[PDB]
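One structure is given below, encoded as structure tokens.
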Amino acid sequence: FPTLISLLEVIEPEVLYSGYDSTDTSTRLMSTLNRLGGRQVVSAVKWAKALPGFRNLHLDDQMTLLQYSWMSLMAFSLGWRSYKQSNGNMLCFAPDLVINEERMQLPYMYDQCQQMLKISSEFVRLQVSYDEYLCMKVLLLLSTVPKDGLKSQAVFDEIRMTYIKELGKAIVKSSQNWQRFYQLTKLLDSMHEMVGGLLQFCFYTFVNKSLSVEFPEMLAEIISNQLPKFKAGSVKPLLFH
Amino acid sequence: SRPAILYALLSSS
Ligand SMILES: C[C@@H]1C[C@H]2[C@@H]3CCC4=CC(=O)C=C[C@]4(C)[C@@]3(F)[C@@H](O)C[C@]2(C)[C@@]1(O)C(=O)CO
Ligand SMILES: C[C@@H]1C[C@H]2[C@@H]3CCC4=CC(=O)C=C[C@]4(C)[C@@]3(F)[C@@H](O)C[C@]2(C)[C@@]1(O)C(=O)CO
């Protein structure tokens, strides 16, 4: 009274509408994704504030975990959506802004657009349950840390296994409670790698003024800050395998 | 300068 898993279910932020004026230049479309992505990330912040145990990490580890994991989150969420909504077929960023095969033909998109689908693809391969989903999503936040760990190391440490626990529970719903974990922690692994791409691009488009690509205040602030930190490659992807 | 908005949301006051 109540389960944390059910608490998870409730805090998960509502799907966002893109407000896209759908009458199609590829600068614009990506500019829009960015505009959307900004609010999406703002929403993930409240969601962080209301994670159980998040407030008693240290402000710096709060910043830090978000800042490093933020793409990992949005890309993951986008996978889930694109799973639920077209069972893998299309990228469904917002109900109003869906990328069918057709919009991938658009100039520079495809590349990224294929590696976003890969993420959805993995939901389709593993047939992930919504509870299973939420669980990892939380983990993903706690999976991208500095090479020289944390400003409140101990605290994190417990939390991490806490939510891994919760992922147990999730598949507990036989001979799976260590067995399916492999298939699913393998995913949590392969994220770091697939995010890697999207994360880069994003970077490229950010510093490369003469592309006319627009990013909103929120994200600017974080990319422009996370830039050098990721230059060094001074970021530890915590895996399982 | 760590990021202005992201910070304020976590700290307030
Ligand atoms: C309460 C128990 C104890 C649980 C385990 C607690 C410790 C643990 C450490 C690991 O290195 C990986 C997962 C495990 C091994 C575990 F978290 C899950 O797998 C689920 C688990 C076995 C449990 O839920 C089961 O009974 C599983 O059948
Ligand atoms: C492929 C990269 C990674 C992209 C992001 C992938 C994750 C995501 C999912 C959404 O539902 C909302 C926006 C974001 C958060 C995003 F789609 C946009 O911001 C545009 C983005 C940065 C990108 O298209 C660019 O680098 C464009 O500059």
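Lettering: A, B, C, ... assigned in the same order as the sequence lines. Note that chain A is numbered according to the PDB entry, with residues 529-551, 554-703, 708-775 shown in order. Residue numbering for chain B follows the PDB entry, covering 16-28 in order. Just the heavy atoms: all of them, side chains too, but no hydrogens, waters or symmetry mates, feed the values below. We count ligands from 1, going down the list as the structure has it; atoms in each ligand are counted the same way.
The drug that appears at ligand 2 goes by the name dexamethasone. Ranked by contacts, the top partner of dexamethasone (ligand 2) (the one with most) is named in the PDB entry as Ancestral Glucocorticoid Receptor2. Other chains in heavy-atom contact with dexamethasone (ligand 2) below 4.0 Å, by letter: A. Within 4.0 Å of dexamethasone (ligand 2), judged by non-hydrogen atoms, the site holds A:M560, A:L563, A:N564, A:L566, A:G567, A:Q570, A:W600, A:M601, A:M604, A:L608, A:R611, A:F623, A:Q642, A:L732, A:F735, A:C736, A:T739, A:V747, A:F749.
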